[PDB]
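Caption: PDB structure containing (S)-(-)-nicotine.
Below, read A as the first sequence line, B as the second, and so on, with proteins coming before strands; counting in each chain starts at 1. The figures that follow rest on heavy atoms only: side chains count, while hydrogens, waters and symmetry mates do not. When the header is checked for method, it gives electron microscopy, 3.0 Å. For ligands, and for the atoms within them, numbers begin at 1 and follow the listed sequence.
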Amino acid sequence: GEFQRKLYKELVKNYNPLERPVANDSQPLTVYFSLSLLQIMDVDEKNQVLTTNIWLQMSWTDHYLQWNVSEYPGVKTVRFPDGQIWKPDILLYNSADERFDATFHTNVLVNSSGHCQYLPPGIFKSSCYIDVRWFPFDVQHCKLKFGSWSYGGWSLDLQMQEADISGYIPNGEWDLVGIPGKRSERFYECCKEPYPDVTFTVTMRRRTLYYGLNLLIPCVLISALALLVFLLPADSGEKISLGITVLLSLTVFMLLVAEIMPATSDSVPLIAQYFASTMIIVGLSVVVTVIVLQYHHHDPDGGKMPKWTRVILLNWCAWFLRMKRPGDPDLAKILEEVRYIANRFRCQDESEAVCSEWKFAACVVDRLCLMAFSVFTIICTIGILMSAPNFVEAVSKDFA
Amino acid sequence: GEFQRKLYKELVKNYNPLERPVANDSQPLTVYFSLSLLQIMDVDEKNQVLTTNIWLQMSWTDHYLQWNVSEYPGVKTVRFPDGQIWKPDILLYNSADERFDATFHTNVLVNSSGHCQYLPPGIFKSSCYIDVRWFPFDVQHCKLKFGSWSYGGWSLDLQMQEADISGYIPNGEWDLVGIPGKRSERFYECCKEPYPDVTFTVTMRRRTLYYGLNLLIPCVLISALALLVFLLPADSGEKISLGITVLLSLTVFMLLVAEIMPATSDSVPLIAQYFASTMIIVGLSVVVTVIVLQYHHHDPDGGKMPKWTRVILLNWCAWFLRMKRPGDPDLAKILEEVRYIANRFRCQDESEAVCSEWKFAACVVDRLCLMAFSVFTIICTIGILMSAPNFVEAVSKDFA
Amino acid sequence: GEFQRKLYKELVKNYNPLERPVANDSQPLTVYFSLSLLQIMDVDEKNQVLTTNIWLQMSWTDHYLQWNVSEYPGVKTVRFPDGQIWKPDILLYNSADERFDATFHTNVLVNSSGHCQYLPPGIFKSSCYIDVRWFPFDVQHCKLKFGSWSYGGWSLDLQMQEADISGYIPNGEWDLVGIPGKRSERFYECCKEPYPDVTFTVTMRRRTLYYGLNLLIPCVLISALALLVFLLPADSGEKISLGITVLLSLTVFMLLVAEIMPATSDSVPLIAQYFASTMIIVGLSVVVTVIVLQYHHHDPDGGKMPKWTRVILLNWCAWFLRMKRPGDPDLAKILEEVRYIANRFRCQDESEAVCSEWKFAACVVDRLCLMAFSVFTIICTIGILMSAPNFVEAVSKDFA
Amino acid sequence: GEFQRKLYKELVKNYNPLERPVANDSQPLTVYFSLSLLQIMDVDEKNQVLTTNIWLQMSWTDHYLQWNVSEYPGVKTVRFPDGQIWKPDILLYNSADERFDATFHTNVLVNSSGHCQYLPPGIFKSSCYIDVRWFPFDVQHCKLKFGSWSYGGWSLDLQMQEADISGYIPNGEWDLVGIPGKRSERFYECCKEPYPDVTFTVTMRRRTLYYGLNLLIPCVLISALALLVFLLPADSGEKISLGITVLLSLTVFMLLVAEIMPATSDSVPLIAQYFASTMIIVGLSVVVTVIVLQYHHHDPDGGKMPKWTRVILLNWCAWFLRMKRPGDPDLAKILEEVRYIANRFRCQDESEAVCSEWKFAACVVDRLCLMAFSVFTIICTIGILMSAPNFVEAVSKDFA
Amino acid sequence: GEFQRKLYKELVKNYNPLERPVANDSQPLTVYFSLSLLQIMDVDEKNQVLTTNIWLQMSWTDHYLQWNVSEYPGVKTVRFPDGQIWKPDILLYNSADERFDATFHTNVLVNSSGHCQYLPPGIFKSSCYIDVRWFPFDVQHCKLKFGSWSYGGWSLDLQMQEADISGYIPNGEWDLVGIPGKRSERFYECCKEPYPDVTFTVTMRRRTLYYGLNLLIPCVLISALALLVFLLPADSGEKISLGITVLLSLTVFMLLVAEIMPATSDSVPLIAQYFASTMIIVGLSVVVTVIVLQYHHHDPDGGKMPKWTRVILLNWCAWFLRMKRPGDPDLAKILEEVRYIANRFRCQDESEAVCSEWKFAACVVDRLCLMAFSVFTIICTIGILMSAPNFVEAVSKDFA
Ligand SMILES: *[C@@H]1O[C@H](CO)[C@@H](O[C@@H]2O[C@H](CO)[C@@H](O)[C@H](O)[C@H]2NC(C)=O)[C@H](O)[C@H]1NC(C)=O
Ligand SMILES: CN1CCC[C@H]1c1cccnc1
C-alpha cells in the first residue's frame, strides 16, 4: 500500500543496524527472555546430550522504530528480516551442535510504539549430566543456559519470564516434572555491572514399563530357571549344560545392557550390580553342581566316608529336610566252586550298599543347596530392586 | 528481448520486497495453500520421524506486478528469484530437521495481471506419534502443520486446498489411505491475534507380508518344535538340551524384535505379548521335563508310590488316553548257596518291577503334559494373533 | 589484458541476469541437455537410494553475449560465474538428498558468437525402485528425471542428447548394461502449459560371485551336514544336538541376511524361499529323528508291533534297501533252583530278541528317511536356484 | 543514542577491513592468544579424533578505532560483526572436521582506546595420536596447534597466554590432568619467513572403574570357572562341553573388545595379551581333558601300563598329592561246567582290576593338572595386570 | 598504516576479478601446482573411499598487482580474500564428498612483483579402486586428479612440482611407500591446445600385525583344536558336539570377517579362500567322526566284516601304524540245566569278540584319519598364506 511503502521508506532512513536502540546511551536496555518448550525429541545417555524443540521469546523496545498511526491509517505493524535491524546476540552456552547456533532466523515483529518481538524456532542440542546410578528408575535435571555473548550489564540487562508449557507434546519415554527458571547475575572483578543470565532446568522422569518388561522380568525368569539344576537327578547327565547355557544367556543380556550404558566411572549402576549378583549366583550354583556330581560318582572302594561328613549329612540334614534314608571227591570241589560265586555276589552286594550311601548324601546336598540358593536369590533380587529411591512411585505410575 | 528488458526494468521501480502487496492496507491478503505428495520415503518408528517428498503450492495476487500485454507483445509471464519479490513465510511447525526450514527456494512465476505461483520442492522430516500397540498390524496417522510465522490472521487469510496425489509413487511397505486437511485458528501466549494454520493428516497402512513371513511363522515353527521334548523317550539324554536351545533361539529372536521398536511405556505391543507367551510356554515345558526326568530316574527302595499318585496316574489317566500298563552235608551246603542265589535274583526282579512302574508313570505324565501344552500353545497363539483389529483385512490384502 | 578488460566491461553493461536471452520474445529458447556418467557409487537396497557421480551438460545460445574478434584480437572466449548471466533451472525431480540440488556451480564458458556451455558436476542421490524378487540374480533399472522447474514448453524448448559413458569407471559389484534416454512432456495440476523433461534409465546387472560364495555354498554344505544325522547310530545320543545346532546356525544365517534387504511386502525373495525351504527340511529331519529315537528305545513287553508295521518295515523295505535282519530231596530242591535260574535266563533272552527286532525296525526307518530327505533337498535346491531368470547368464559370466 | 550513532558513523569512515591496523608498517602487530576449555566431549579411539568445547581468546590493539570519551559521554565500548573490521586468521592446523574452521563468528568488543577482544566459541574436532598399549590404564596427550595462516613473523607477533580451566566441567570417563602450552616458530617449504604457532597439549587420564567392572572381572570369573573341568568325575560326559562353552564365552568377549579397539599395528595391547593368555590356558585345559579322557577309557587286554608311567604316577604323585589307592559220570561234567563259570568270573575280575588301576591313574593326572593350571592362571593374570605403569594409581583412585 | 592504506586503495582501482591477469591476451598463463600431504585419515574398503588431509600449493603471476617498494616503504606483501582477485578454478576430478569442492578458502599472498601464493587446506574424500585380493597383505595405489575445470591450453599452462611430505604424520595401520606424480596432456579433436593435468598416486602398505594377531592365529588355533576328535575315545560321546561347536564358532568368524569387506566380485580374497578351506576340513572331520561312530556301535549280529576291510584295516594299516591288536534222573536234569547256562555264557563270550574287532577297526580309522588331516590342514594353511606376494616382507617388517 501507499502508506506502507511510505512508512517503510521513512523507517530505514539513517538507520544503523549496528546501534543499540536507546534514547540515553548511559542507560541499559531491558530485554525480556523466555522459553516455550514443544517436545523432548531425544535423550542420549551414551553421548550425554539432550535434543529438544524450543521456541525462544525475546522482547524489547526500540526508540527509533516509532510512528503515528493516524498518518498511516491501514498500517499498524511492520516486519523486518535478519540483518536489517538490531537484535540481541543471545546464545546457548552449553551447546553440542556442530554450528554453535541452531536457531532459525525469522522476522521481527514491531508494533506502532517501538516494541519488538522475536520468536525464533530451532532444534537445540545441549550437553547435560545424565546420571545412570539408579537406572532405569531415573530422574534427570538437564540445564539450558542462555545469555548475551558480548553485551554486558551497563548495556543489556536480561529479564526472565516463566517458561510456557502449553503446547507441550508428551513423550512416550519421559515424563516432564517441570521446567523452572532462574535469573542470576555475575560480577566481574573489573567492574560493577551485573551480568544477567537465564538458566532453565528441565526435570524429567523416565517411564520404566518398557525396561521392566524387556530387561528385568526376563532375567528374573532365567535366573529362576537356573535353579532347576538342583532338582534334576544326577543320572540324567545334563546338570552342567543347563547352568552353562544360562550363563551364556546372561552374558548376552549383559552385552545388551552394556551397549546402551555410558562409559562413566562415577558410580556402579543398579542394573549392573544386579546382573553381577545374578551371574555370581549362577556360577556358585555351577560349582555346587560340580561338587554334587563328584559326590554321586564316588568310587565304592576308593576310601571311607568321613565320620564328620556322615554326622553332618546323613542324619542331621535328613532330620532338618525330612528325607528318610533309602533301604564223593567231586562234591567238595563243586562245594568250593559254588562258594566262590556266593562270596563274589556277597561282595558285589556290599559294594552296592556302600555306593547307595554316597548317592543319598549327594541328593541331600542337592536339596539343601536348592533351598539355600532360592532364599539367597529372592533376598538379593528384592533388596537390590528396593534399594532405589522413588521405586514405589515408578511402579505405581507405570505398572498401574 | 527489448520488451522483456523494458518490462523487467519497469517492474522493479520503487519496489520494496518488505511490503505486503495489497491495494488497501486494512484488508487482508488471501493466500491459497496446498500440498503435492510425491513419495513416502522413511517411517522411523524408533525416532518417531516421518520423511516425505512433497511440493508445497502457494498462490496469491501481487498488486504492483501488473502490465498490459499490448505494450509488451511477446512477454506474458515473468520469474523472480528469492530476495527480489515478496513471499509468504509459511513453514512447518512439526519439523524434526536440523535446519528448521527444509525447502529448496525456486523462482516465483507471475501472471500478466499479478497472480504469483510458488512451488518449492524439498524433503521434509516431521515428528509424528507412532503407535506400536498393534504392530505389525497398525495404522498410523501423521500430521503436518503448516502456517505463517510472523503474520497474523488480520494480514493473510490462509485458505486450504485439497492435497494432490496424482503423482504419488507407491511404497513397498506402506499403503496410503488418504491425506485430508483441516484449517484452524489458534491463539498463542505471545500476542492477542489469532494465527491460522493448515494441517494435513497422512494415513498409512503397513503391509504385513514381510513381517509375517519373517517374524511370526518362524516363531510358530520353533515353538511347535519345542513341543517335541514330550515325544522324546527319557532313556536318551537330550531333552534338556532341546529345551534350552529352543529358549536360546527365542531369546535371540526377542533381541532382534527389541532392536527395532521404540522404548515407549504407553502400551504393551502385540508382538511383545506373543513373545512373552511363547517364552512362558517353553519355560513351563522345561520345568515339566525336569519333573518327568526326576520321576523316571526314581531310585527304588527309597520310597513307595503314594496312593493318590497311583490312582491319578496308573488307574484314571492310563484309562483316559487308552494306554495300557507294560504287561551228605555237602549237598545241604550247595542247596544253601543256590537258595541264596535264587533269593538274590528274586529281589532283583521285584526291584526292576518297581522301576518299570515308575517309568510307566513318567511316560503317562509326559503324554498328559504333551496334550495340555499343545492345546495351550494353539489357544494362546490364535487369541493373541486374532485380538488385533483389521487383522482379517490385513491378512486378506497381504496374502489373498 | 586491455582488450579482455574492455570486452568484459562492454558485455556486462545493460545486461540483466533475469531476462531470457532470446532475440524474439514470442519464440522459445532451445536448450540441449545431456548426461556424462562417471561412476556408480552405491546402490542402497534398504533405502531404495542410488548414488552416482555425473556431469550435467547444458548448452544454449545467448543473444547479448556477442562480439567481433577483430576488435578484440586476443580474447576468443569468456567465463562468467554463478549469478551474473542467465542459466536454466534444470534440476533432478526425484532427488533423495536433504539439499534438493547437489550440483557444484562452476563457470559458464561463452563462445565469441553467443554459445554458452555449462558443465556442473555433483554427487547425485536418487530414489529409484529396487526389485529384490530375484536377489541376487536381479537386474535393476533406475530413473533420473531432469527438467526445468518454472519454464514451460512455450518458453524453454528442452532437447535430449545421448549420454556419454566414455569416462565410465567399472564398479566391482554392479555391471553396467546401458543408459538410454527418453524425452517427454507432461501436464501438471498447477498450470495449463506442458512441461517437457528428459529421463535417463540406468540399467545394471549384479555380479554374483561374492554373494554366491558367501551365501549359497555354505548353506548347501551345512544342509548336507544336517543330512548326516541319519547315519548316526542311535546309541550315540547326539542326533538331536546335531539337528538343533544346525537349526540354530541357520536361523542365525537367515536373520543376518534379513538385515541387507528391504522390508517391502511386494514379493517373496528367492533367498527367502530358499531359507524357508531349508528350514522346513531341517525341522522335518529333527521330527524324523525324534520318531526314530522313540522307536529305538521301545519298552519290551509293552505291545508288539501291528502286523501292518511289521510287513511294511521288516519285510518290504528291508528287501528294497538290501538289508539283512540280524539273526535225595535236596537233589530235587537244587534242581528246582537251577531250573528257575535257567527259566529266568530264557525270559531275558526272549526280551533281548524283541528289543533287537525293534532296533532293526528303527534302523530301517532311518535309512528310508535318509534317502527321502536327500532326494527332497536336492530337488528343492535345484528347482529354487534354476527358477530365477538370467541364472545361466550370471553363472557363465561370473564363475566361468 | 545520537552520540552512539555519530560515533558509529565516524569510526567506519575511510576504514578498510583488508588493512592491518598498525601506525608503523615496518613493525609487527602483537596479538595475544589463549584458550578456555569447557569440557571434553568425546575421545574416539577407532577414528583417533578428539572433540572438545573451547573458547578462543584473541586480543590486539587497533590504531584507527580510537575516540575521546569526553566528546561521546554515553558510549564507552563499540562492537562490530565479521567483515567490517580486521581480524586475525588463526586456524587449527590438525583439524578433522569437514569444514576446516569450526568457530562461530561473534562480535568484536573494542575499547575507547582501541583494544579489540575476540572470544569466538566452537566445537573442535582434532586428530591426535591415541596410545592403546596400556589400555585401559593409559594416559593420553593430544595436541591443539593454532596459528595464523597467511601472516608471517614480520607481520603478526603471536604471543601465548596461559589457558583457563576455571569453567571446566568434569567428565565421567576421563580425568583431566593439565593443559600447558608452548609457542614456537617453524620454517615451511612455501616461504622464507618463520611462522609462529601456539600448541596446547591436553593431558588426561582414563578412569578405569567401568572397564574394571565390565571387562576384566567377568573374564577372571569365567577363566576360574574353566578350571572346574579338572574336578568333574570322568564318569559324566560334560567335561568337553564345559570347556568348549567356556571357550565360546571367551571368544565373544574377545570379539567385543576387538570391536571397541582400533586396528593400529604398532604395539600389542595389554587386554590383547590377557585374552591371548586366557585363550591358550583354556585350549591347553581342553587338550589335557582329552588326554585324561583317553586314559580313563582304556581298553583292558589291549595294552599294559608302561613302567615309567607307573613309577611316575601311581607312586611318586600318589605320595605327593596324598591320594589313597583303591585296590558219578554226571558229577564230573557238572564240575567242569562250574569250573568254567568260575574261571570266566576270575578273568572278568582281573579285567576289572586293570580298569580300576587305569581310572586311578586318570584321576591322579586330573588332580596334578588342576594344580598346575591353577598356578599358571594366577601367575599369568597377576603378571599381565601388574605391568601397567599406573595400575597402582588406577586402583588407589577409582576403586578406592 | 597510511602507505598500505593508499596501496590497497590504488591496487583495487579498475580491477576486474573475472579476467586472466596476463599482459598479453594470446599468451597462456603459467600456473604451478603442487601438493603437501599431512595425514592419511581413513581408508574405507567397503565404500572404496580415501580420506586425507592435504594442503594445495598454487603459484602464478598477476600483472596488475605490482608496485615500487620505494614508493611504499613499509609494505612488501598484500593479502586478498575470496572474490576479490582472480584465482585458478582447480578442482579434484574424482571427489566423493557431497559438496564437490572440499577445500577451505583462505587468503592469497601477493608479493611486490606480482607473484601470487595460494595455500588452501582441506580434508579430501576421493574414490579409488581398493583391491582386497591379497588381504591383509595389501599394497594400494589411490589416485588424485587435479585440473582446471574451464581453462584450456591457451589460458592455463598447469605445470607440476613434486609433492611435499616433510610434515607427514605416520599412520598406525598404513605405511606410506611414496607419492609420485605425473603431468599429462589431453589433446582434443577441435583444437591443438594441450590440456595439462596433474595426477598424484598414493602408494600405501598395510601393516599386518593387528590382522595377523586377531584373525590368523585364532583361526589356526581353533582348526588345530578341531583335530582332537580323533584323539577322543568314542565311549565319551562328545565328538559330534566338539566338531559342531567348532564349526559353528568358525562361522561366527567368517561372517564377522565378511562384515568388514567390500562386496566385490572381481576376485576371491585370500582370507575368504582360507576360511573356506578351514570350514571344509572341519566338515570332512565331522563326516569321518560319523563314520567312526557307525563302525564303533556295530551290533555283533548285523552282518560280517568284509574281507577287504579285514585285510586292509586289521593287518596293513595296523602294522603300518604300529598299533597292537588286543590279544538218578534229577542228576541228568541238573546236568542239562547247568549246561544251558554254560552254553549261554560261551555264546556271550564268543559274541563279544566281533564287537571288539569292530571297536579296534574304529580306532584304526580314527588314528589314520588323524594322521591324514594333520598334514592336510598344515599344507593348506601354509600354501594359502605363502601364495600371497610380499608376505615375507610383511612378516619381516611387522612381526620381527
Ligand atoms: C504495541 O505492542 C506492545 C506489546 O507489549 C504493547 O505494550 C503493552 O500494551 C498493553 C496495553 O496498554 C499494556 O497492558 C502492556 O503493559 C504493554 N506492555 C509493556 C512492556 O509496556 C504496546 O502498548 C503496543 N503499542 C500500541 C500503540 O498498541
Ligand atoms: C603457515 N601457513 C600455513 C601453511 C603454509 C603457510 C602459508 C604460507 C603462505 C600462504 N598461505 C599459507
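Within the model, the positions assigned to (S)-(-)-nicotine, copies included, correspond to ligand 2.
For (S)-(-)-nicotine, the chief contact partner in this model is given in UniProt as Neuronal acetylcholine receptor subunit alpha-7. Other chains whose heavy atoms approach (S)-(-)-nicotine within less than 4.0 Å: D, E.
Organism of origin for chain D, per the PDB: Homo sapiens. Filtering the residues that UniProt lists as binding Ca(2+) in chain D by heavy-atom distance under 4.0 Å from (S)-(-)-nicotine yields D:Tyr188. Chain D, UniProt TM segments numbered from the N terminus, heavy atom closer than 4.0 Å to (S)-(-)-nicotine: none.
Counting heavy atoms under 4.0 Å, the binding site of (S)-(-)-nicotine comprises D:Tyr93, D:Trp149, D:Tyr188, D:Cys190, D:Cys191, D:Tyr195, E:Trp55, E:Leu119.
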